[PDB]
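This report concerns only the one structure given below.
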There are 4 protein chains.
Amino acid sequence: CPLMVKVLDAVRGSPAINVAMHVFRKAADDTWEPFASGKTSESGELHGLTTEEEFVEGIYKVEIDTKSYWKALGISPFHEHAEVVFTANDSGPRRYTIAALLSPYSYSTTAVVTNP
Amino acid sequence: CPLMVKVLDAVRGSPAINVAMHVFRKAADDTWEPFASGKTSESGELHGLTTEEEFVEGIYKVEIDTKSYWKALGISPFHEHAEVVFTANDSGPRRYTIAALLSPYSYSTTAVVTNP
Amino acid sequence: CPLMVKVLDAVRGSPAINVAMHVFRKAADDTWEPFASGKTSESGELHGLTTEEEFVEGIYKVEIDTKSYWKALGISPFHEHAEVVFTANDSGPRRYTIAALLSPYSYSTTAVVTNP
Amino acid sequence: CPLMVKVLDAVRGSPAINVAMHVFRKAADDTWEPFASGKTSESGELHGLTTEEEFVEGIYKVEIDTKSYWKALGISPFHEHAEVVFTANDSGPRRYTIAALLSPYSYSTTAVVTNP
Ligand SMILES: Cc1ccc(C(=O)c2cc(O)c(O)c([N+](=O)[O-])c2)cc1
Ligand SMILES: Cc1ccc(C(=O)c2cc(O)c(O)c([N+](=O)[O-])c2)cc1
């Protein structure tokens, strides 16, 4: 699993379950091309987005539909979504965990980048 | 000042000075149109991006160039930028403060929304 | 004002108003002695806790009563309080802004330290 | 594992390894009694702090020695440590994950509280 996304809920203190997200890769003409997508599991994690051979260097965007998550809980949110945009670097061996911590009017995101 | 952005550096414990950002508004054809731009001051704040007359209802995107900020400090950060996307003014004019807290592999954003 | 504390509500997207906090200083016998206290204003800020003469070198603790804040809003939070413990002024007088961002099951704190 | 602590490094984008922490429980006379301790593993996690039979309702404090972590990396930190103080509640079945995200001048902590 070269890329995993984990989402947490800071209001209920729980994994954020059934959060939908799309992953895009920047194309030559500076447009965003769909790459992968899915929804978080009961653990708040989304695995199996890509494979090592497909996950080449490039600029990737993870668009997390936070608004739909809060709407389903009956809570008015600020953001339309959370976008995480990053360059994937193959100068070393690197697995990526993107974690997002969600509140209605705030979110934080961090990258845990580890070498196998 | 209906829209202000404040940027902080969590490594140095300081305002994030001279951070560029661009603000976009979603047009009727679902494209992002340029709306305003500027750089943070010595206090880490960017004021005067817009006016009450110009800041109509809509979906706005603030793209904060965090990558250039860290690179100039000698750090290779994870993110290309910090994006904040939100619907503004859809129940009337509000005042928005967007705050971003920056680390090389993490950022957080929050909104303070007040009614004049 | 060498010490200011700002508290924000990440659920409502607002300053956290009327939040009590106590400041302690570590005494020579390693006990915590009361140093100052107060409540945040309508802007979520607490100014005037101390003076430059009184704010000597030492280890300080700010204990922010986040639990009472959430309880009065009908929420049972995780934390009893948000504590910030730091050495102050040990290379000369600095100005400290402690900012706390609150959610029911999460908080973040950051410091902005400036040299007068 | 009724209680697990995970620590992440927002400067290097990695688990925070070999971070020492002590867990305390509030005693009848309002003093902090040692309860458990350990250091994070290569994954940034500390498991096996307590057992279900020993982890009774009460006020617990997790004191994470963040200062020693940053000092070992040659980075000047703001906080003496990060204290997470919370009430453990047995009104339902509850496993606790305390996660801390560390920067030199900022930290965030959240609780993921799940039912087995
Ligand atoms: C921005 C942010 C801050 C804190 C968290 C966070 O609390 C968290 C919790 C987990 O159970 C967990 O497995 C991870 N992880 O692997 O990165 C992070 C998640 C995101
Ligand atoms: C995401 C996040 C978390 C904490 C901060 C933060 O530390 C901060 C500090 C200030 O002096 C201040 O005036 C504000 N503000 O008005 O929103 C925020 C900034 C951003």
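Chain letters follow the order of the sequence lines: the first is A, the second B, and so on. We number chain A the way the PDB entry does; in order, the residues shown are 10-125. Following the PDB entry, chain B residues are numbered 10-125, in order. Numbers in chain C come straight from the PDB entry, and the residues shown are 10-125, in order. We're sticking with the PDB entry numbering for chain D, so the shown stretch reads 10-125, in order. Keep in mind that the numbers below use all heavy atoms, side chains included, and drop hydrogens, waters and symmetry copies. Every number for a ligand or one of its atoms is a count from 1 in the order of the listing.
- As PDB records put it, the drug at ligand 1 is tolcapone.
- Counting heavy-atom pairs under 4.5 Å, the chain with the largest count for tolcapone (ligand 1) is, by its name in UniProt, Transthyretin.
- Going by heavy atoms, the other chains that come closer than 4.0 Å to tolcapone (ligand 1) are A, D.
- Site of tolcapone (ligand 1) with heavy atoms closer than 4.0 Å: A:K15, A:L17, A:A108, A:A109, A:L110, A:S117, A:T118, A:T119, A:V121, D:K15, D:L17, D:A108, D:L110, D:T119.
- Atoms of tolcapone (ligand 1) lying under 4.0 Å from any heavy atom of A:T118, numbered from 1 in the order shown and given with element: 1 (C).
- Counting only heavy atoms, tolcapone (ligand 1) sits under 4.0 Å from the following UniProt L-thyroxine-binding residues in chain A: A:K15, A:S117.
- Lab note: no covalent bond from tolcapone (ligand 1) to a chain.
- Scanning the protein for heavy atoms near atom 2 (C) of tolcapone (ligand 1), the closest one is A:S117 OG, 3.5 Å.
- Here the heavy atom of the protein found nearest to atom 13 (O) of tolcapone (ligand 1) is A:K15 NZ, 2.7 Å.
- Tolcapone (ligand 1) places these atoms under 4.0 Å from at least one heavy atom of A:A108: 1 (C), 17 (O), 19 (C), 20 (C).
- Proximity to D:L17 (heavy-atom distance under 4.0 Å) selects the following atoms of tolcapone (ligand 1): 17 (O).
- The PDB entry names the source organism for chain A as Homo sapiens.
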Anything under 3.5 Å between an N or O on tolcapone (ligand 1) and a protein N or O? List each pair with its distance, or write none.
unit_1               : atom_1 : unit_2 : atom_2 : d
tolcapone (ligand 1) : 11 (O) : A:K15  : NZ     : 3.0
tolcapone (ligand 1) : 13 (O) : A:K15  : NZ     : 2.7
tolcapone (ligand 1) : 13 (O) : D:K15  : NZ     : 3.2
tolcapone (ligand 1) : 16 (O) : D:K15  : NZ     : 3.0

